[PDB]
Undergrad: 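Quick one: the structure is below, questions incoming.
Chains are named by letter, beginning with A, in the same order as the sequence lines. Residue numbering for chain A follows the PDB entry, covering 35-361 in order. We're sticking with the PDB entry numbering for chain B, so the shown stretch reads 35-361, in order. Numbering, chain C: per the PDB entry, residues 35-361 in sequence. Chain D is numbered as in the PDB entry; the shown residues are, in order, 35-361. Both ligands and their constituent atoms are indexed starting at 1 by order of listing. Worth knowing before you read on, the calculation uses all heavy atoms, side chains too, and leaves out hydrogens, waters and symmetry mates.
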4 protein chains.
Amino acid sequence: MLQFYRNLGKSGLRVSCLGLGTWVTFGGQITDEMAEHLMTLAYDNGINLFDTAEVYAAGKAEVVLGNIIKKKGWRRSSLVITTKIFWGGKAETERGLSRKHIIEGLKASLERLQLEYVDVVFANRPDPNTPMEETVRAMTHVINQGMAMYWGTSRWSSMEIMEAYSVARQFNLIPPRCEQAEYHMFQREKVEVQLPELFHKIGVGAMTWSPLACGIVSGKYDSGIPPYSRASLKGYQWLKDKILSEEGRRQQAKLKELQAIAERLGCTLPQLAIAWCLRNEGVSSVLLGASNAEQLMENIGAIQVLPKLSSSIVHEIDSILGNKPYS
Amino acid sequence: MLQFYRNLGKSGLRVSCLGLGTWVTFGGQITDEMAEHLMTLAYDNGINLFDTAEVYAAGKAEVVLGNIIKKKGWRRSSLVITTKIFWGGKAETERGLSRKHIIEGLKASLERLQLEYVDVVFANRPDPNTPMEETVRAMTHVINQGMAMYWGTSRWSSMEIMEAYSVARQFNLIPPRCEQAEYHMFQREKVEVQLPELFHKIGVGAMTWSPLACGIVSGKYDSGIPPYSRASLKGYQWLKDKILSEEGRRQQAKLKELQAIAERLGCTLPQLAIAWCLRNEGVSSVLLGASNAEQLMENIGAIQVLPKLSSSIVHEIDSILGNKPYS
Amino acid sequence: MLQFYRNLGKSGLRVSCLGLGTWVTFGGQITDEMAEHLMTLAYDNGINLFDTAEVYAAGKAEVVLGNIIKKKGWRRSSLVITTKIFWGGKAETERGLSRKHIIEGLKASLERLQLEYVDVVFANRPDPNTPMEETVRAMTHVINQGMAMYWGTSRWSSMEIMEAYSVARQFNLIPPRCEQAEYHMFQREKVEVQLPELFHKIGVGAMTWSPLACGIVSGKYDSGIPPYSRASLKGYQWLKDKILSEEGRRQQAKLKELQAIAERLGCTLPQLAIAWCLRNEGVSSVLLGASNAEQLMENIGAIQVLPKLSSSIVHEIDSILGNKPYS
Amino acid sequence: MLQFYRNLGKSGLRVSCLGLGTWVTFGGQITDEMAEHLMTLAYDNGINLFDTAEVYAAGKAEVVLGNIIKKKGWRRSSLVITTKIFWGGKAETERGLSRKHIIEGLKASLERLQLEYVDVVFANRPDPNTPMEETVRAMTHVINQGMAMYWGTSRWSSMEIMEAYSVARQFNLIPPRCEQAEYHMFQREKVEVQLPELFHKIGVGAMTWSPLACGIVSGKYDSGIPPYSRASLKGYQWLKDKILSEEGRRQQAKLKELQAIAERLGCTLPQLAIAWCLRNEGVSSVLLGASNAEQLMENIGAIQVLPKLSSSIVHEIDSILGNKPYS
Ligand SMILES: NC(=O)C1=CN([C@@H]2O[C@H](COP(=O)(O)OP(=O)(O)OC[C@H]3O[C@@H](n4cnc5c(N)ncnc54)[C@H](OP(=O)(O)O)[C@@H]3O)[C@@H](O)[C@H]2O)C=CC1
Ligand SMILES: NC(=O)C1=CN([C@@H]2O[C@H](COP(=O)(O)OP(=O)(O)OC[C@H]3O[C@@H](n4cnc5c(N)ncnc54)[C@H](OP(=O)(O)O)[C@@H]3O)[C@@H](O)[C@H]2O)C=CC1
Ligand SMILES: NC(=O)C1=CN([C@@H]2O[C@H](COP(=O)(O)OP(=O)(O)OC[C@H]3O[C@@H](n4cnc5c(N)ncnc54)[C@H](OP(=O)(O)O)[C@@H]3O)[C@@H](O)[C@H]2O)C=CC1
Ligand SMILES: NC(=O)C1=CN([C@@H]2O[C@H](COP(=O)(O)OP(=O)(O)OC[C@H]3O[C@@H](n4cnc5c(N)ncnc54)[C@H](OP(=O)(O)O)[C@@H]3O)[C@@H](O)[C@H]2O)C=CC1
Ligand SMILES: C[C@]12C=CC(=O)C=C1CC[C@@H]1[C@@H]2C(=O)C[C@@]2(C)[C@H]1CC[C@]2(O)/C(O)=C/O
Ligand SMILES: C[C@]12C=CC(=O)C=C1CC[C@@H]1[C@@H]2C(=O)C[C@@]2(C)[C@H]1CC[C@]2(O)/C(O)=C/O
Ligand SMILES: C[C@]12C=CC(=O)C=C1CC[C@@H]1[C@@H]2C(=O)C[C@@]2(C)[C@H]1CC[C@]2(O)/C(O)=C/O
Ligand SMILES: C[C@]12C=CC(=O)C=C1CC[C@@H]1[C@@H]2C(=O)C[C@@]2(C)[C@H]1CC[C@]2(O)/C(O)=C/O
């Protein structure tokens, strides 16, 4: 009963249930050649959603993504490109959601991407220093300038998203259409309980990230930090600490149990976890991450697992995770 | 009492009571040379309205229409060019009335047409996947961007048109100005009963299409499918089936009776049918279709039949058709 | 107590109490050389307001006005250029106040003028075929597009001007700022009674035209139609008929009486009539017309007569004219 | 507890607590070489705010400021450039806050600055000849045109600023974000009593000017007009008169007393006065003025004095000045 393509929240934008992100990898961990191969595989398998941010690899991720698009020559109308704005430089005024940085930041991102506009521009996080009205007006401005088709939020509380909505309706500006939130077996509350309320009330869609908890859900950290794994990269000590933390080891324990279910279904753990993220219609799309083609092809294979996620399998997983949120 | 030129609904746009469409013919069934001749004949006879769509001949119709305009060099201000948006490609995001496709679609159409803007951009059909607000805001955006002067609907129910109006008035956007609907002796309800209500309530005008039911009303299918008739073209099996269907044969029977009236008036059947479509002021313009110059000149001749359409002749036609709608 | 410069109605635009028009003369009756001399004289004497229209000499007036500006090289910021839109071609859609013609017409005028924008764009007359909302939205659009700084009306009734205002306030569009109306000793009602109401109620200013009734007030038609006078030009039979009409001869009779007052004041009749037009603050500026430098210099001299227009002189003139409107 | 960077009023724009102005100096009193050195020193010390005006040195100040930016090549996103509009030429229409001059003036300023936009455009003073609605709409227009990020007022009464706010909320336009007001030990009322009310009520910020009262607070006029001091420059007789006026001599007397406190703190008088201006959070930034590098470096040193401004020191200063406003 899976619909590979679905509307992003209550908007007319149709996105593939799986998208491909560029955090850590593009312009950073992987070569541009590998990046080109991964994007081609995604596109060829129906994926039309690609996410990035001005902050990724100090702008390099956008340059690489833009180069691939130009090199491959795919029709712009067949792509859904999203980018996030917030961290755009070391200067005081090069960060935040002020009208100045939203305009300067997106303009710079578009230049790096070699694109006239992105399909969705997201505030990468909330800005306690900028009044909602200014941010909503600025987002509306860039959309009206043809620099973006839609705008959205990321890591905003449901109250903040509703505040953006309130401002849009009070001053007749454009309402946000999507919230890019973390979602995986170890982070469920927001996406499973709060976001559905926003969907029904104001049509905001949910585009989720880190479906494997940065690779942790793959289960390859079962016995330490594998050489060259994300957690071993420079600038990712924070990920390593989480993995080696007491709770991180408790997560691995549960993964072992989940691993059993995977085998019982005939799929890998990552495939189980990703398919799990797409089990409810509440999620419009899950953004994937991959450092090589084997991972990406494996991940995309999650779609075949979906039909096997019976209410029985779901309850089993909840029993193991023991973190089913309260409705 | 006929006014060759009239306002399109309650707008300041003046259109000829007859327009020339490009479906099937331009960039497809006929040569560009024939297309040039037909458009010249139309223009020289006072017709200022020419309709097309991004979907016609996969974009070729717009290219041909644009070439003729450029070659003939007619003043842009003396022309009323309309195009329809909805089917713009095979990719998921290349169809519909989302802000993304409305903007990308019209931009591409304008490029093919070699025009800076169209006079009216129509949604080719309703989009159940896009909220009215998004569509109305997008139409408003392209008008404000100078890509179109006005926008309209096509094949929308009167309720959907009123919904577009509701959205425009609630958010202070631009209301639709015209509905391009099917109208001929065998399809009367919507145009004769519903559209007049929209005209009086919200000033929406009626621009009708397929006045000869794709050629069926010409009566040339009286004894089968004539070689090279539209119904015999590739990709038009649907038309042939309708003609050969039980109801299609019942239509021909009535045509024979109508044919009698035509002769009694001194005009052809097509001329009778077209003049019939223009008998009421409710219709702003009737879009013609033609594969050769004889047909077009014949069709334009319908204007001379108008004065002969007495209340008596109209009642006779209703008696024959037996499908006069209930008011 | 005369202020040579004043605000145009309740707007921040400062115009000279005298302006120079281009009807009949520019690109038509006079040579471009004479036109250049007249504009230079005006500008050098403090006049910053120059009026034209897309219809004058089929566009030639705008070309000449634009050439002079470019040749003389005056700063654009030191000029107030106004043009009027309505009659822009022979095609059906090349006339009126529809969104299509307002945009196409002003764009064409700007091209002829070699200017990026006019200070004020006026509807040359009312358009019974275009809803007020469409016209007001179109005027607002060109102002927002930077093609004009302000918009106004011409030959509109006070009710129609208030209707434009109603539409602007209901849909949050831009209100009109000036009405260009006929004003001279033989046409007083509208400017003396109605326009002041609009000034106080909605801040609309009054820019008047034909201060000499096309030359009639000069008194040179006292004994027939002087060779080469405007009334003798081709396409101006209408003016000649008015002059030779019964009422036209009755006007000359009164002019003779006025002539006496002029001599008593030490000024010419035209100077008396023009100064008369500027006697009340209700008029922001009077648009002058001239076919040679003697006339223009004479007319500008009207400013010196102003101080001599005592309440006694005004009553005398009213007694002679016998057409003082009722308040 | 000082935060070097702070929000400009309730906006997301972050400005350094100290800014560098260009009045008198740039393109005028100092060489472009000196101007370059001063701006570099400011920038290198964290200052991101630079103020100018179309009227300064008849446009030359903007040319010099723009040249330095281009020569130094600093990222535009790391700078906050503000300019003021009002006096833009000798022609009648080249001054004021009409839509015409706001657009023409800022366009010309941007051209001189070699910039696409300024961060904040200020009305240099109030315009009694232009209705608030026109000014607010024009400011909104240039912001929407991408010529400025924000707009503000200068030398406007708190009532006039609230009027601009009223207009913005009534017609859904953009509200002003900052008031550039005079602030120093001899001019305190407005900034200390009125502006805080506007901050809390409508989020307007306070950017202050002439922190040394044009150099008077430096105390170098203790015994006359020093050669080459601002007060001795051509076109600044007004400053000299103030200094030599009875009240001006009374100010010097108090400066002598303040001088004592400075020495007691281990700082210069200018440093004491500038730090004094930044003692309250009500002031977002203080615009500095300097004719040489010694002054600028001295002034910037005011930041170190801040921590020494105890409630005791403040009361002492108030006792000396004797002009503490009433709350
Ligand atoms: N809005 C926001 O704040 C955020 C947005 N995002 C978006 O979401 C996207 C995806 O997030 P991301 O955290 O990368 O996703 P995941 O949590 O799915 O982690 C993907 C990473 O895990 C490893 N991995 C992936 N598949 C496998 C596999 N089959 N077997 C073993 N290891 C595997 C790889 O790392 P390695 O091989 O190096 O171990 C890969 O880079 C981003 O690119 C970005 O676009 C992400 C975070 C936040
Ligand atoms: N908004 C919408 O969804 C729609 C819009 N339209 C618009 O309306 C226009 C007209 O529609 P269309 O269906 O073509 O019109 P008609 O129903 O009038 O059919 C015209 C066709 O019938 C035949 N024909 C025309 N005149 C004669 C004649 N005198 N004698 C014999 N056969 C004749 C020709 O086909 P042949 O010679 O090949 O038999 C011609 O191509 C289109 O081009 C398009 O612009 C049309 C449909 C839908
Ligand atoms: N909005 C609208 O509908 C209208 C706008 N206007 C505007 O107003 C402007 C002025 O109107 P216009 O009718 O020309 O003005 P006037 O009524 O003042 O007539 C001017 C004409 O009268 C003659 N004349 C002028 N001064 C003298 C003089 N001192 N002695 C003798 N004859 C003299 C000249 O014609 P000649 O030498 O050929 O006799 C000249 O062309 C126009 O150019 C136009 O810009 C005008 C009409 C309508
Ligand atoms: N919005 C508005 O209407 C106004 C805005 N402003 C803005 O504010 C900025 C600053 O104003 P400004 O009046 O110049 O500032 P100040 O009152 O601080 O005066 C600065 C001037 O005083 C002298 N000076 C500065 N530091 C010292 C020192 N340490 N020792 C001795 N003399 C010193 C210099 O003049 P010299 O060496 O020649 O004596 C210098 O040019 C302007 O450049 C402008 O951007 C200013 C006024 C009005
Ligand atoms: C390093 C960073 C950037 C600068 C900074 O001062 C602080 C942080 C911490 C949080 C980071 C952020 C990013 O670079 C963007 C991140 C990594 C984010 C957490 C999620 C994120 O929002 C994202 O989008 C991943 O895809
Ligand atoms: C083939 C088509 C295009 C793609 C598609 O998936 C389905 C259809 C079916 C209905 C078609 C449509 C068109 O191409 C446009 C048409 C033909 C329309 C019916 C009326 C129409 O709207 C029109 O405009 C004729 O002029
Ligand atoms: C000839 C004309 C243009 C075409 C037309 O079909 C009818 C008329 C009659 C009224 C004319 C008009 C103009 O050309 C503009 C005029 C002359 C106007 C009367 C006042 C006017 O509005 C004006 O502006 C003079 O300055
Ligand atoms: C000379 C000037 C410009 C022209 C004019 O007709 C009158 C004045 C007097 C007041 C002046 C003004 C300026 O030039 C700008 C000034 C100097 C202003 C006072 C403060 C000011 O607003 C400012 O900004 C200094 O930085």
Undergrad: Specify the chief binding partner of ligand 5 in this model, using its name in UniProt.
TA: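 The chief partner is Voltage-gated potassium channel subunit beta-2.
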Undergrad: Got a name for the drug at ligand 5?
TA: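 Recorded as prednisone.
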Undergrad: Which other chains have one or more heavy atoms under 4.0 Å from any atom of prednisone (ligand 5)?
TA: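 The other chains in heavy-atom contact are A.
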Undergrad: Atom 17 (C) of prednisone (ligand 5): which protein heavy atom is closest, and how many Å away?
TA: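 Heavy-atom neighbour on the protein nearest atom 17 (C) of prednisone (ligand 5): A:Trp57 NE1, 3.6 Å.
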Undergrad: Atoms of prednisone (ligand 5) less than 4.0 Å from A:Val89 heavy atoms?
TA: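 It comes down to these atoms of prednisone (ligand 5): 14 (O), 15 (C).
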Undergrad: What is the nearest residue to prednisone (ligand 5) among those UniProt marks as active site in chain A, and what is the least heavy-atom distance to 1 Å?
TA: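 Going by UniProt and non-hydrogen distances, it's A:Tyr90, 2 Å.
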Undergrad: Got the closest protein heavy atom to atom 22 (O) of prednisone (ligand 5), with its distance?
TA: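 Answer, as residue, atom name and distance: A:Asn158 OD1, 3.0 Å.
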Undergrad: Report yes or no: does a heavy atom of A:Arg159 sit under 4.0 Å from some atom of prednisone (ligand 5)?
TA: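 Outside the 4.0 Å threshold, so no.
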Undergrad: Applying a strict 4.0 Å limit to heavy atoms, is A:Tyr90 in contact with prednisone (ligand 5)?
TA: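 For prednisone (ligand 5), residue contact (heavy atoms, under 4.0 Å) with A:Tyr90 is present.
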Undergrad: List the closest protein heavy-atom neighbour of atom 7 (C) of prednisone (ligand 5): residue, atom name, distance to the nearest 0.1 Å.
TA: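 So the nearest neighbour among protein heavy atoms is A:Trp121 NE1, 4.1 Å.
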Undergrad: Are there protein heavy-atom neighbours of atom 9 (C) of prednisone (ligand 5) below 4.0 Å?
TA: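 No, because not a single protein heavy atom sits under 4.0 Å from atom 9 (C) of prednisone (ligand 5).
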Undergrad: Okay, next thing: UniProt's NADP(+)-binding residues in chain A - which of them have a heavy atom under 4.0 Å from prednisone (ligand 5)?
TA: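 UniProt annotation plus heavy-atom distance gives A:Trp57, A:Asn158, A:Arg189.
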Undergrad: Under 4.0 Å from atom 1 (C) of prednisone (ligand 5), is there any protein heavy atom?
TA: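 When distances to the protein are checked, atom 1 (C) of prednisone (ligand 5) has no heavy atom within 4.0 Å.
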Undergrad: List every atom of prednisone (ligand 5) that sits less than 4.0 Å from any heavy atom of A:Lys118, numbering the atoms from 1 in the order shown and giving each element.
TA: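 Listed by number with element, the hits are 24 (O).
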Undergrad: Any atoms of prednisone (ligand 5) less than 4.0 Å from a non-hydrogen atom of A:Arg189? List them with their elements.
TA: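 Under 4.0 Å from A:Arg189, prednisone (ligand 5) has these atoms: 18 (C), 19 (C), 20 (C), 22 (O).
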Undergrad: Quick one: what's the binding site of prednisone (ligand 5) if I count heavy atoms under 4.0 Å?
TA: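 Non-hydrogen contacts come from A:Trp57, A:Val89, A:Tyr90, A:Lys118, A:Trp121, A:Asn158, A:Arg189.
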Undergrad: Tabulated below should be the N or O atoms of prednisone (ligand 5) paired with protein N or O atoms at under 3.5 Å; can you produce that?
TA:
from, atom 1, to, atom 2, distance (Å)
prednisone (ligand 5), 22 (O), A:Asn158, OD1, 3.0
prednisone (ligand 5), 24 (O), A:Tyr90, OH, 3.1
prednisone (ligand 5), 24 (O), A:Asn158, OD1, 3.4
prednisone (ligand 5), 26 (O), A:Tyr90, OH, 2.3

